[PDB]
Amino acid sequence: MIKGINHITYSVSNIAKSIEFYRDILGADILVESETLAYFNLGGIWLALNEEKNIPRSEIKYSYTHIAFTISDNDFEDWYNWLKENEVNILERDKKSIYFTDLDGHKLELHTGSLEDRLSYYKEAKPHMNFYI
Amino acid sequence: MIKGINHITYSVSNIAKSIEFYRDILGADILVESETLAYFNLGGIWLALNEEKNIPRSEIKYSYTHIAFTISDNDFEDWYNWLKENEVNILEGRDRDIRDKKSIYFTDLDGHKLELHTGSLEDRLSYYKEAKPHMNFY
Ligand SMILES: C[C@@H]1O[C@@H]1P(=O)(O)O
Ligand SMILES: C[C@@H]1O[C@@H]1P(=O)(O)O
Ligand SMILES: [Mn+2]
Ligand SMILES: [Mn+2]
């Protein structure tokens with residue numbers, strides 16, 4: 001049986017610059033680094049970067065695939081301004097969300113809502129969906 | 001401050017067969033379904049599938065980007081055998097020292113890379129501190 005999330009690994013083109021992004025902009029706590037890998041604690045999640053210099057990274061911009069992290073409604077504005085302050089690549093009852101990318105186009109989200117919030121909205125607005133809970 | 005993981009969302013080309021993959025092979029608990037999306041509990045994580053037509057998905061098999069989920073050492077052979085039984089696209093792992101703990105790498109129907117891993121971050125840091133002198137610790 002799958003017991004929980006273990007780790008998130010991102011392929012990056014420049015470990016040095018990507019480390020700066022995750023550490024200095026998202027506040028990830030660096031644990032180890034070499035020339036080709038870095039590990040972080042980001043919101044209690046084991047984050048790993050592995051440098052891959054020469055792989056194709058053209059198609060990633062087309063996919064809605066992403067990982068959302070939790071922030072407070074209280075820190076929403078503060079995050080938005082900090083990301084804007086840092087020339088971060090921000091993308092344009094659902095609750096609030098900021099979408100952005102790291103340096104290699106990996107889509108990330110800061111979200112203030114819960115699974116319960118989203119289920120309740122869908123029960124009200126979209127009762128034509130199938131609900132199992 | 002980032003408080004923790006909120007959800008993981010995959011873009012899928014055929015949501016019907018991606019639902020069967022996550023539900024019937026990985027044992028994700030399905031919560032919601034429409035023609036365009038599906039929500040699961042997988043290992044206490046909010047997992048979302050979003051159907052997207054005509055996105056190019058050929059480059060993804062070249063990237064090491066992936067998400068790893070925890071299984072028990074006790075369940076490792078049963079997981080492996082189960083993914084084999086269901087003709088899952090199991091990938092050739094990297095080379096593995098005993099201290100790296102154990103892993104099964106595979107993809108879903110859209111080539112997203114997944115890992116079943118039996119170790120902790122603590123185990124890896126412990127392995128690397130003893131075996132990896134080209135590494136910096138903090
Ligand atoms: C720790 C980073 O995911 C990689 P591994 O699967 O090569 O250990
Ligand atoms: C629910 C899955 O995250 C997607 P959303 O960002 O479209 O809400
Ligand atoms: Mn999202
Ligand atoms: Mn891994």
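Naming convention: chains lettered A, B, ... in sequence-line order (proteins, then strands); numbering from 1 in each chain. The figures here come from the full heavy-atom set of this structure, side chains too, leaving out hydrogens, waters and symmetry mates. Numbering of ligands and ligand atoms starts at 1, following listing order.
- The molecule at ligand 2 is the drug fosfomycin.
- The name the PDB entry gives to the main binding partner of fosfomycin (ligand 2) in this structure is Metallothiol transferase FosB.
- At a heavy-atom cut-off of 4.0 Å, other chains contacting fosfomycin (ligand 2): A, B.
- The binding site of fosfomycin (ligand 2) (heavy atoms under 4.0 Å) is made of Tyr64(A), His66(A), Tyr99(A), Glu109(A), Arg118(A), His7(B), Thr9(B), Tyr39(B), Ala48(B).
- Heavy-atom contacts of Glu109(A) reach the following atoms of fosfomycin (ligand 2): 3 (O), 6 (O) (cutoff under 4.0 Å).
- Among protein heavy atoms, atom 5 (P) of fosfomycin (ligand 2) sits closest to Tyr64(A) OH, 3.3 Å.
- Each of the atoms 3 (O), 4 (C), 6 (O) of fosfomycin (ligand 2) lies under 4.0 Å from some heavy atom of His66(A).
- With ligand atoms numbered from 1 in the order given, fosfomycin (ligand 2) contributes 2 (C), 3 (O), 4 (C) to contacts under 4.0 Å with heavy atoms of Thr9(B).
- Under 4.0 Å from fosfomycin (ligand 2) lie these other ligands or ions: ligand 3 (manganese (II) ion).
- Polar contact with fosfomycin (ligand 2): present for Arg118(A) (N/O pair, distance under 3.5 Å).
- Annotation: atom 3 (O) of fosfomycin (ligand 2) to nearest protein heavy atom, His7(B) NE2, 2.6 Å.
- The PDB records the source of chain A as Enterococcus faecium.
- For fosfomycin (ligand 2), the polar-atom distance check against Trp46(B) finds no nitrogen or oxygen pair separated by under 3.5 Å.
- Taking every non-hydrogen atom of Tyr99(A) and a distance limit under 4.0 Å, the qualifying atoms of fosfomycin (ligand 2) come out as 5 (P), 6 (O).
- For fosfomycin (ligand 2), the atoms lying closer than 4.0 Å to a non-hydrogen atom of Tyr39(B) are 1 (C).
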